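Worksheet: the structure to be examined is printed underneath.
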Amino acid sequence: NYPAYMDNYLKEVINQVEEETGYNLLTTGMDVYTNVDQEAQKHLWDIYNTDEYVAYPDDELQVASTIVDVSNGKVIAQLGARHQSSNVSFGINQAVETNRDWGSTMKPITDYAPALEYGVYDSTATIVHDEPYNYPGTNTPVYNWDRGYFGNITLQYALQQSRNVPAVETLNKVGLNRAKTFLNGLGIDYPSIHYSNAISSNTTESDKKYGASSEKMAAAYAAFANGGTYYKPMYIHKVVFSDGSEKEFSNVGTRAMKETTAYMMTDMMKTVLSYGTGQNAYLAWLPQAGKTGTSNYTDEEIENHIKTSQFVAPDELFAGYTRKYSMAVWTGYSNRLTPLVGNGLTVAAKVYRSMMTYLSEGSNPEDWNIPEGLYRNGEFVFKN
Amino acid sequence: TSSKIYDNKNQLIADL
Ligand SMILES: *C(=O)[C@@H]([C@@H]1NC(C(=O)O)=C(SC2CN(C3=NCCS3)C2)[C@@H]1C)[C@@H](C)O
Ligand SMILES: [Zn+2]
Ligand SMILES: [Zn+2]
Ligand SMILES: [Zn+2]
Ligand SMILES: [Zn+2]
């Protein structure tokens, strides 16, 4: 027996124990010590399943999210579903599932960070281009959400307004192979990468590690938070075996980007919340950064299954981090063909706001310190 | 057969 709110977390623990030990804890007696902050995890459950924190449009709208400790990659909370009146033990955990499109949340990690890392751009003020534009080697246009084009704009403003053209063009300038390598360093892979991946986590396999889940995004963004080191999501701290043996898991990280890249990304993503698309997550007292995401339906889907001229989306996504924690939030419906509408598109950011409030309140929320190699200027940050 | 699971504060949370 075990509490219901822990069902998702335990399922990953079970999977992670046998990955490292080769032993399934359900068939072998062992005491397993985990990274789950029980109080935080309960609060996540409170947010999903009550009225106290978030105004949901209906009871079938789904939320999946993972919260990570930015210093070690310990997953401290995870809930893959809300309102589940079907108690089969250790079911599909949507929080580690990579089969929903993470849309614009791919931009910082696939496009803009690599461009800064490999020195394609030199500052957050670099004039980038929002003009009519085709996917390289194709006649298909990269449309913006409004079908409009802003023209000559700063990098910062591009990311902040979440424009598509500058993102895709940036992926072309970094190069597909170079970008794939960058994503790998952040725990994300594709079997094959394509230019549509500048604005989509859409993939062919997703049998295993391919694409993006709240789990992988939490881990990926955590790198921005800590000056650019990636940690593997860890659910288990220590196992003690029936025969008295004990195995402790130390969490070691890998340099995923230069500290200047991290800082510059953070500095731009601060504005997403203040001046941009992320304004439902804004908190005056909390130094935090983040990126929003709204995936879209296909050509086949708009024609045949989706009937409306209202703004709709199968998936709404937020990915934010403070100095201490990283959180990726996915929202949507089980059936992708049930579209998010009006207030439903604000859930993802409001779930983030509520959880982050809880976790950061009471500490001294530290801001980020401008590192050696960068200097301030007006609204923007420049290299040396 | 008998596996115990503890949170980050070492207090039992599941017995499987
Ligand atoms: C990314 O997910 C898509 C892109 N980005 C995005 C977002 O949520 O950042 C949108 S929603 C769009 C921005 N917005 C505004 N409403 C009032 C003024 S700005 C609705 C957009 C679809 C990318 C895959 O297209
Ligand atoms: Zn609470
Ligand atoms: Zn409460
Ligand atoms: Zn251009
Ligand atoms: Zn291709």
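The lettering of chains (A, B, ...) simply tracks the order of the sequence lines. In chain A, numbers come from the PDB entry; the residues present are 267-650, in order. Residue numbering for chain B follows the PDB entry; the residues present correspond to positions 51-66, in that order. Looks like X-ray crystallography, 2.7 Å, at least that's what the header says. Both ligands and their constituent atoms are indexed starting at 1 by order of listing.
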Practice task
Provide the name, as given in the PDB, of the drug at ligand 1.
Solution key: tebipenem (open form)
Exercise for the section: Identify the macromolecule bound to tebipenem (open form) in this structure with the most contacts, using its name in the PDB entry. Expected result: Penicillin-binding protein 1A
Practice task
Identify the other chains in heavy-atom contact with tebipenem (open form) at a 4.0 Å cut-off.
Solution key: A
